[PDB]
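In this PDB entry you will find ethoxzolamide.
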Amino acid sequence: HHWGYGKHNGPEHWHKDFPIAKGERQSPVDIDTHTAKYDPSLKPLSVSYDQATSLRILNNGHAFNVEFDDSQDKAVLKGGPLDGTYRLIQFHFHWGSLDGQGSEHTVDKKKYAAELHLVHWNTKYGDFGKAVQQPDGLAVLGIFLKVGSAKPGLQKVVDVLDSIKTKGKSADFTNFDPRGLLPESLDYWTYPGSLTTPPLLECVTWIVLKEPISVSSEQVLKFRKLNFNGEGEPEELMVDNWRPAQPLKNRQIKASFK
Ligand SMILES: CCOc1ccc2nc(S(N)(=O)=O)sc2c1
Ligand SMILES: [Zn+2]
């Protein structure tokens, strides 16, 4: 018995093994656009992904991760509300069984079809495992996906999913350029939060972009063909691997735009 998104082990049960689930800075949250405070102190984001080196794609039983070499400052995030340099380590998505759900964050209670998370860690802490123990250890860039026109930069990912259908499977995935997944504008909202899967540690500066990217129905359909289970196990489709919104408590969401 282990955590998941099922009836018997989903997000409402997580607190029994991970009591920080009922914490003061949990994620995701609903972004109320009218109560978000514009902050003119906030800088533009600096996304430097020209030298990224992707290595692998892995089905870990709850999503698929694209992993990067983070042994050097190749692909880094700076600026915005951040102090210091954060290295990209992996990205993954959360998605729904239907196009009207699947994102983790919501915007004025609107749900999107999926949410992309680009996970970065603060190089001051030397390794990812140390960074997750620090209140400023991680910076996660969140991008919403809406269904419409296809996203060409996503297709290389969609085409390899058949090779990692079940939990524990991995495939080589080199020379993938994550710049192809970014929207045109880098205007964002930011708040202090947590990992959205166990262990739910409260180490994340969330940076959620205002502008969604569009993907085709056929692309997201391919996500829903993945399996939570391992090969040879009873087939459970990997859908609805999103955590619902958590209370904001004593936090303020800031906007970099008005
Ligand atoms: C410490 C084991 O690695 C983890 C565990 C949970 C986790 N959640 C996220 S998310 N959904 O981007 O907030 S990235 C991440 C990395
Ligand atoms: Zn995530």
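The chain is numbered in sequence order, starting from 1. We read in the header that X-ray crystallography, 1.5 Å was used to get this structure. All ligand and atom numbering here is 1-based and tracks the order in the structure.
- Counting repeats, the structure shows ethoxzolamide at ligand 1.
- Ranked by contacts, the chain bound most extensively to ethoxzolamide is, in the PDB entry, Carbonic anhydrase 2.
- Binding site of ethoxzolamide at 4.0 Å (heavy atoms): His92, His94, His117, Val119, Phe128, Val140, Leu195, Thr196, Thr197, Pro198, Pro199, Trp206.
- Measured by non-hydrogen atoms, the distance from ethoxzolamide falls under 4.0 Å for these UniProt substrate-binding residues of chain A: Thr196, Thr197.
- Near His94, the atoms of ethoxzolamide lying under 4.0 angstrom from a non-hydrogen atom of the residue are 11 (N).
- In chain A, the UniProt-annotated active-site residue lying closest to ethoxzolamide, at the minimum heavy-atom distance rounded to 1 Å, is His62, 6 Å.
- Of the other ligands and ions shown, those with an atom under 4.0 Å from ethoxzolamide are ligand 2 (zinc ion).
- UniProt's Zn(2+)-binding annotation for chain A and the heavy-atom shell under 4.0 Å around ethoxzolamide share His92, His94, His117.
- Of the residues of chain A in contact with ethoxzolamide, the majority fall within UniProt domain Alpha-carbonic anhydrase.
- In summary, the atoms of ethoxzolamide found under 4.0 Å from a heavy atom of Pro198, numbered by their order in the structure, are 5 (C), 6 (C).
- Distance check for atom 5 (C) of ethoxzolamide: a protein heavy atom is found below 4.0 Å.
- Ethoxzolamide has an N or O atom lying under 3.5 Å from an N or O atom of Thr196, backbone or side chain.
- Closest protein heavy atom to atom 8 (N) of ethoxzolamide: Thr197 OG1, 3.4 Å.
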